[PDB]
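Reading through the structure tokens given below for one structure.
Residue numbers start from 1 in every chain, and the chains themselves are labelled A, B, ... in the order their sequence lines are given, proteins ahead of strands. We count ligands from 1, going down the list as the structure has it; atoms in each ligand are counted the same way. Header says: X-ray crystallography, 1.7 Å.
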2 protein chains.
Amino acid sequence: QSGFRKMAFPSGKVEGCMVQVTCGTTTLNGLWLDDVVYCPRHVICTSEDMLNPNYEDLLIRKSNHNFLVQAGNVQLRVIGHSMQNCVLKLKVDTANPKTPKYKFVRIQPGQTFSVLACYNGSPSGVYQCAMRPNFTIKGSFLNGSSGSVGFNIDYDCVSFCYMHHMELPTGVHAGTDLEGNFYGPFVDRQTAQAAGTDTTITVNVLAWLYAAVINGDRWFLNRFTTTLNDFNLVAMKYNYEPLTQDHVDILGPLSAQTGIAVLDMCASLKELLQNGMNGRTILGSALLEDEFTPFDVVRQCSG
Amino acid sequence: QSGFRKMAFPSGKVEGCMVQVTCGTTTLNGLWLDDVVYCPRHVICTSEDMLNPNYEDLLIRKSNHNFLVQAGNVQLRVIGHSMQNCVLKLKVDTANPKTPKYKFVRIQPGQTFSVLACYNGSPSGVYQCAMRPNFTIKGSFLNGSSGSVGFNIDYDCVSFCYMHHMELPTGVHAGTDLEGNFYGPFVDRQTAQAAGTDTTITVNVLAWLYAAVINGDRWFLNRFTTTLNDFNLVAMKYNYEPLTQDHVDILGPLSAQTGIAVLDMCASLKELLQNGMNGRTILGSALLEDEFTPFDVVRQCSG
Ligand SMILES: *C(=N)[C@H](C[C@@H]1CCNC1=O)NC(=O)[C@@H]1[C@@H]2[C@H](CN1C(=O)[C@@H](NC(=O)C(F)(F)F)C(C)(C)C)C2(C)C
Ligand SMILES: *C(=N)[C@H](C[C@@H]1CCNC1=O)NC(=O)[C@@H]1[C@@H]2[C@H](CN1C(=O)[C@@H](NC(=O)C(F)(F)F)C(C)(C)C)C2(C)C
């Protein structure tokens, strides 16, 4: 409302990195940077292996010739392979001439990133996601989507933070950083696993209330202030993450761009949690939105 | 197969086309396809020209060298110019080597597309939009955003459908097709203009209810049916667009897939409007979503 919506990074730099990886009858997406392809290690599994894989043993059994990597029409010859945690690394005969400036970063719950959904190494769609407090993401992922990556771009530098591995029974998604470390208490085995009970990202809700004010949505503002302690007692009651002093400092700018003190805005949110929204919406939403970071609000508004 | 998200097309093919166009102190974006840069003609207005510009009189006073066109840090030499409706076409000395397979299409209200928001010829972010029934879009556009484009990329062809020109007093946006013809009764003049009252895109709400069913949710169905006439008589009391026999025909495939007759889903929507969601959500929304088309739903849930 008044010009504020979920925005993904332009995906071009990542599009030029997606490849298809095939091991026997198992196909998924790979990330091609320089002369290495990164993909989920579960590509080395047949359907039955996935039910209870011995990744050490399945990798000893494989050779370079067991991996087919396709970049558009061109087969890349695999000349080496290794595992790092839950990602397979395939050394190829050819460095990606579209490799962007990049790094691998591991993000914290509450942080947002752009997902390039891919199938058969072909980019399909882009959308914004937040790492939930329970380490899941609310993605849109079908069969063959594994190896799709999540990223942020700063100037010309792509920061890769997510590689897609699996779908939990609630329909939410679990994955790794690009070093193959899982976000959350999940394993790359087709076995009964479940998302923990989710919590709301308090600092992101406050950020979005700041976005509402900057966009002229002020009905929820009030004369009242509060303390972290009273507010955190409300937060806890309503399955909201504790608000930390560090969260307040991060919101500092917006507290000035709007001249409303975080603990002043905390009074609005407490009131909204206690008394609800009263038929009114905020930036077009009837729900309190927690998938915009303070950075995201500034990026989109002040940017 | 439970996750559903507003998903944009991967933007790489359009990113390679975005340039900066400057005339005097006025800078905005251009679309560089082969040896032509397409941009809003209002780049040739000064501060003084905004209320009642005569574009024919402003343009005839310009030389090729008055147009500064920048592709990254490379200056493109303008060797020609013409005006077509509200678009300027700048002939440059260099065909864009990144030109994708493209066409120009004029869309109807209800149609969706991806927007690549740009500033100074630099892509900023990508989001999904729909042409509203009142010929506006609910975009997120700031100063310098004019000449940002809307597109689809069904089947490796980029279809350019929108070029951004202006913001209306309610915060909605107005622009042209790539032939420079405005969507709606708008003019590229800082004259008192206002969006017509807007309506909800009924065929799209129904598509998204079909999406909810495909992804395993049916709580909102009921034992009733409706005539098309009775559906429209109720829906228009909630500011919904009339549903046409064309709309019913368009929903046929989604009807067939789910086993829910179009007019039975219509009966469900009539009850949804009457009752609200009673604390429930549909694909994570507390509101009825109208910016997914029947075609978008088949894209994301299947192909
Ligand atoms: C990668 N190509 C897919 C992506 C999945 C498929 C549908 N939606 C997605 O996001 N990854 C998998 O199929 C992984 C893979 C085996 C099983 N699996 C799952 O995602 C399964 N989920 C789980 O087993 C659970 F619940 F533990 F998360 C499935 C039931 C097929 C959705 C491996 C190795 C974990
Ligand atoms: C292109 N760079 C901008 C994009 C605008 C700026 C703010 N948000 C946007 O979408 N285009 C313009 O500034 C156009 C341009 C003169 C004025 N204008 C407007 O968008 C203005 N609005 C209108 O005149 C109105 F209400 F009629 F739509 C403005 C008040 C600056 C928002 C011209 C030639 C229309």
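The drug assigned to ligand 2 in the PDB is nirmatrelvir (bound form).
The chain that nirmatrelvir (bound form, ligand 2) touches most here appears in UniProt under the name 3C-like proteinase nsp5. Other chains with a heavy atom closer than 4.0 Å to nirmatrelvir (bound form, ligand 2): B. Binding site of nirmatrelvir (bound form, ligand 2) at 4.0 Å, heavy atoms: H42(B), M50(B), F141(B), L142(B), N143(B), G144(B), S145(B), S146(B), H164(B), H165(B), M166(B), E167(B), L168(B), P169(B), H173(B), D188(B), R189(B), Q190(B), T191(B), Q193(B). Most residues around nirmatrelvir (bound form, ligand 2) in chain B come from the UniProt domain Peptidase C30. In terms of polar-atom proximity, defined here as any N/O pair under 3.5 Å, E167(B) does make such a contact with nirmatrelvir (bound form, ligand 2). Note that atom 22 (N) of nirmatrelvir (bound form, ligand 2) has protein non-hydrogen atoms nearby, at separations under 4.0 angstrom. Looking at the model, one finds a covalent bond between nirmatrelvir (bound form, ligand 2) and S146(B) OG.
Geometrically, nirmatrelvir (bound form, ligand 2) and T191(B) share no nitrogen or oxygen pair separated by less than 3.5 Å. Looking at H164(B) next to nirmatrelvir (bound form, ligand 2), an N or O pair under 3.5 Å apart turns up.
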